[PDB]
Amino acid sequence: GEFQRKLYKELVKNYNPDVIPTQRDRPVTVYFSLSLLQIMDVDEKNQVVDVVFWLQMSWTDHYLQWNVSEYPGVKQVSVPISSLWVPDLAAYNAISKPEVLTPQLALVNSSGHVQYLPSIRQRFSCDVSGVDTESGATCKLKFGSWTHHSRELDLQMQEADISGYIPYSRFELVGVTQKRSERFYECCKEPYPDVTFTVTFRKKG
Amino acid sequence: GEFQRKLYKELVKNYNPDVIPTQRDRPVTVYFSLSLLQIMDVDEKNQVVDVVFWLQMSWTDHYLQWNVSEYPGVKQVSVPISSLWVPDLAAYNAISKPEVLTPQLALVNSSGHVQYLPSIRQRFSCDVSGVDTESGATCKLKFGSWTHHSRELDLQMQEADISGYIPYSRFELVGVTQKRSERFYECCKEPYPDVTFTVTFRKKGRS
Amino acid sequence: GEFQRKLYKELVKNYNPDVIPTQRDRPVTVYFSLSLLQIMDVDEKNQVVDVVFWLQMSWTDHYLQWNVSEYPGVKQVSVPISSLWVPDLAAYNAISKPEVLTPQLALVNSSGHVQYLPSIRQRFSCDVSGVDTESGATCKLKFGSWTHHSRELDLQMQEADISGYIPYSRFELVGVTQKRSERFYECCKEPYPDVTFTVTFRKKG
Amino acid sequence: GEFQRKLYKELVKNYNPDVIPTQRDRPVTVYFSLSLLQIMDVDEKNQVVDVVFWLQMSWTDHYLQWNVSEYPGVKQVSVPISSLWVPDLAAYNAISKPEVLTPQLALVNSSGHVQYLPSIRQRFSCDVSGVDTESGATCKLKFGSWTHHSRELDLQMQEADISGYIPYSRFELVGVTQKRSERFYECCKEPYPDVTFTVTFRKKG
Amino acid sequence: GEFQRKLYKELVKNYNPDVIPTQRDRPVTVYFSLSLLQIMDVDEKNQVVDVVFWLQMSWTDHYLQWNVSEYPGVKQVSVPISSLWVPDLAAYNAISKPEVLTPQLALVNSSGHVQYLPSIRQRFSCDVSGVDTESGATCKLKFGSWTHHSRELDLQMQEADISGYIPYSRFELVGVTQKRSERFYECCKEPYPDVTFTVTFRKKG
Ligand SMILES: CN1[C@@H](CC(=O)c2ccccc2)CCC[C@H]1C[C@H](O)c1ccccc1
Ligand SMILES: CN1[C@@H](CC(=O)c2ccccc2)CCC[C@H]1C[C@H](O)c1ccccc1
Ligand SMILES: CN1[C@@H](CC(=O)c2ccccc2)CCC[C@H]1C[C@H](O)c1ccccc1
Ligand SMILES: CN1[C@@H](CC(=O)c2ccccc2)CCC[C@H]1C[C@H](O)c1ccccc1
Ligand SMILES: CN1[C@@H](CC(=O)c2ccccc2)CCC[C@H]1C[C@H](O)c1ccccc1
Ligand SMILES: O=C1C[C@@H](CCc2ccccc2)CN1
Ligand SMILES: O=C1C[C@@H](CCc2ccccc2)CN1
Ligand SMILES: O=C1C[C@@H](CCc2ccccc2)CN1
Ligand SMILES: O=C1C[C@@H](CCc2ccccc2)CN1
Ligand SMILES: O=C1C[C@@H](CCc2ccccc2)CN1
């Protein structure tokens, strides 16, 4: 409506989507979780797993807040992600670019909270040779910021989700785990956090 | 015409295609139907169906109206979708990005009714293991707004179409049903609607 | 060309490539030719034919005309098509997006006659089951405006043209017929013309 | 550096990369050569050859000159090709879009001489049926302007050799020729020049 | 943050990403190294190797420097590579475009030192006919500037890395060397440096 129209004019004014929305040297906290939907394929030769998954990501951008009293009815807006700052999360062991399956929009509410929930297909490097054993194969999907350390971008995970995994796949899901690590590199004194999702699966029968 | 050109210059003036055209607390009603054109392939190993279908979407955008008496002769205009708000409808169970096959333009008439009618190829997760049986395989093509709840974007469904299904495919179309649902999610305050097209089909040569 | 450079500055000024250049209730006539160059492949399982063809499309855009006396020497110019209104021609039974193989330019002369001549590869739905028989397979390649009716866009066809068919294909091009129809739809008062190119072909072996 | 920065501000001023930089009725002479690097594959069923080649293209853009003593040290610059007018050269018998393998930058020196030297992968229509015979298969890769005739764009060849042909492929070169022609087409009163690279090759062994 | 935002406004104002940041008598030194992460596939028929690798590239762009006291808290910023000058490094023997697997961002600090660390998947021409043998197959991945000679772009290599190579690939990484070379072409007075990465590998047994 007219109030959203006006809201967009205001927020866009000096907004720079290339600048991480830190304030007073405090990190932007980014919440992150992966829901595995489908294992599409495994390449036992080239050691690759092909997966479809749902990412849940959220963080606050203080430059995107407003008073609902100034914009009655407007509690949250749908925004193209290209028009706002987004975490530069990399899939560490991807061997293909992500194919984003869903509209590239984020949800923003009046306290500046952003929710971005893409469904994604992507291939990853993985030792899939256990895929026929009862042990099964174990694949790690590792994500983290490519250019921001812990003190700029504080990546945290939220509860994992398996309810969405399709039941009719030829791969059975035996276990999925999530953990947050902080790793140090010779380059820098600050750590870089990453969230790793560990999937254990096997062929049915 | 010269009047159509004047009309673009006005309909552009304060229009933001990123903003859903709700008015006065009222949701935008979006009518939606799918017509199955062809089942291109089934992947029995990976559980995927590859379909070409024609979507009919229409809604009213009250910011896109004009008096015909001011712009005489202009009953309607064809507008690239990137110049107007369009519903962020997503295929919930798709495993590939949609490939839009037709010009990305929408028809808009003087009372702001918009019609966007793309043809699309896309692949969906589906249990196709029964494709070789008499009862066939059943696939749910489930669509809904990715970000807009019911009270902003009121998704309604209109009468389907089977008449466009190509007769020479190796897949016999045994039926297509469509239903609108609406649920609450634990995440959010407002309910969300979706329209699901259920397609049952089998290989003509299954025996 | 200095005069050419001035002509571009001037022509752009009030030009809107989204506006069909009808004038005085008259439809824009669009001449449409298709020259089949090569049948790349047939998929007998999925019922698809993969073709390379040359489209010739011309029409007059009255907003693109100029006085040659004002721009001496400038009789025709070569212009990116993205800067011009172009007919929204759809391939009705295509199952892939068109791959345009040639520079995306159109010729425009001083009376505003545009010629756009892309070479295109594209896959179409087709019953190719008879391809190995003596009768061969028949594929219809159907095109028409997606959003403009007859009184706005008058699609006219030109000579059938088989001369570009490569002679070393494994497919023998029996013949190519063509027809224009004005189809009515329940939705609308006005008909929408389409041109259909019917291609009959068979394996040389 | 600083002089180069100042040069850009001047050069960009009225520059239109959509406008062929002719002058005084005279064409823009464009030199062209092709050096074949590798035949990647042949498709005997669909009659296609997949090649990687090196184009050497050069021409004079008279709007891109400057006095070197006005910009001391600046004798040539690397410019993205999207900023420049470039010849609208097409591969007449390509069946795929060209895949440019190298940075899209052209060298431009102070008298307006432009060199653009892309390495390209591309598939062409070709009768490759004789590939396993002694005489081999002969493919013609034909290039020319898509929209400019002889009197606007004077395409000339320069000599090339086969030095860059990779020696460890499964194909050997039996013959290579490269020639410029000037033909009339049914459409136009003006001749259009082309350059054709004719390669004859066969499977080793 | 507010100071990062003011920093972007300031830099953008005069920055030109098309100008190489040389100064009179000083080339831009560019540091370069390749870490092989995985050999995805070898094509023994067409002579291609498909590899995933991490490039580390750095250089100083004096135009990107700022005074830290004018921008307290801001020691470094993440910048989209498309906003800055980047070395035009080409893969000499690549037969496909690079597929960049990581966010296209570089780290820039207050001295104007730019670090760009992309993960890349790319296919190269290589004689892999020895891959099943004892001595294995040897591939040269050759990189260097496509258009800048030594006195403009001083390409230099740094310490290599094998640590990242995946231990579960079917290919056993035997040896890896890197060398910086300087080559003259008949065309040009000035030499063009390249860094070449030599990989020896074999199928596991
Ligand atoms: C990019 N790198 C850190 C920075 C850094 O290393 C670095 C910084 C500056 C100079 C040299 C190296 C930032 C956080 C991500 C990390 C990624 C890891 O390297 C990596 C690279 C390639 C494959 C897997 C993992
Ligand atoms: C996106 N989601 C609702 C929003 C929401 O969940 C949500 C919102 C905010 C926070 C956390 C979750 C809105 C309506 C669509 C629905 C989609 C479905 O989840 C879904 C997820 C993954 C694959 C298929 C379908
Ligand atoms: C799009 N349609 C006409 C418009 C219209 O139908 C229509 C208009 C408004 C409302 C509902 C339907 C315009 C001319 C093209 C025609 C196309 C055909 O439907 C069609 C759709 C999908 C595959 C093949 C053919
Ligand atoms: C494009 N065409 C000429 C232009 C022209 O014909 C033309 C001009 C104006 C109107 C109608 C046709 C210019 C020079 C190249 C020539 C190309 C060849 O036809 C051709 C067509 C299809 C595939 C391969 C080659
Ligand atoms: C582009 N070329 C040099 C310049 C130059 O040759 C050249 C310059 C001017 C005119 C003619 C040729 C610059 C440094 C890179 C070198 C590339 C090599 O040729 C080459 C070409 C094709 C595949 C692999 C390698
Ligand atoms: O804004 C975004 C997009 C989202 C994509 C996740 C991803 C990126 C690259 C490779 C794999 C997955 C992360 N943040
Ligand atoms: O925003 C849009 C895109 C257009 C296409 C419909 C679609 C989207 C996603 C998956 C399948 C189909 C409708 N509205
Ligand atoms: O401006 C244009 C492009 C031309 C393309 C024809 C086409 C469209 C869609 C599918 C296949 C071919 C039509 N008008
Ligand atoms: O500016 C340019 C691009 C270069 C590409 C040549 C080409 C085009 C189309 C198919 C094959 C090769 C020519 N001039
Ligand atoms: O311009 C660039 C791109 C970036 C990546 C290097 C590269 C280019 C082409 C093929 C492989 C790798 C460095 N500089």
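Residue numbers begin at 1 in each chain, while the letters A, B, ... track the order of the sequences. Start at 1 and go down the list; that is how both ligands and their atoms are numbered. What you see below is based on every heavy atom in this structure, not just the backbone, and it leaves out hydrogens, waters and symmetry mates.
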Drug present at ligand 5: lobeline
Chief macromolecule bound to lobeline (ligand 5) (the PDB entry): acetylcholine-binding protein, neuronal acetylcholine receptor subunit alpha-7
Other chains with a heavy atom under 4.0 Å from lobeline (ligand 5): D, E
Test item, E/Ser145 contacting lobeline (ligand 5) (heavy atom, 4.0 angstrom): yes
Contact partition for E/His149 relative to lobeline (ligand 5), non-hydrogen atoms under 4.0 Å: neither
Numbered atoms of lobeline (ligand 5) (with element) below 4.0 Å of D/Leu117, judged on heavy atoms: 7 (C), 8 (C), 12 (C)
Of the listed options E/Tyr185, E/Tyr192, D/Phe53, D/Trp54, closest to atom 16 (C) of lobeline (ligand 5) (non-hydrogen atoms): E/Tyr185
Residues lining lobeline (ligand 5), heavy atoms within 4.0 Å: D/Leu37, D/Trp54, D/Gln56, D/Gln115, D/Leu117, E/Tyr92, E/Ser145, E/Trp146, E/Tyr185, E/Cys187, E/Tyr192
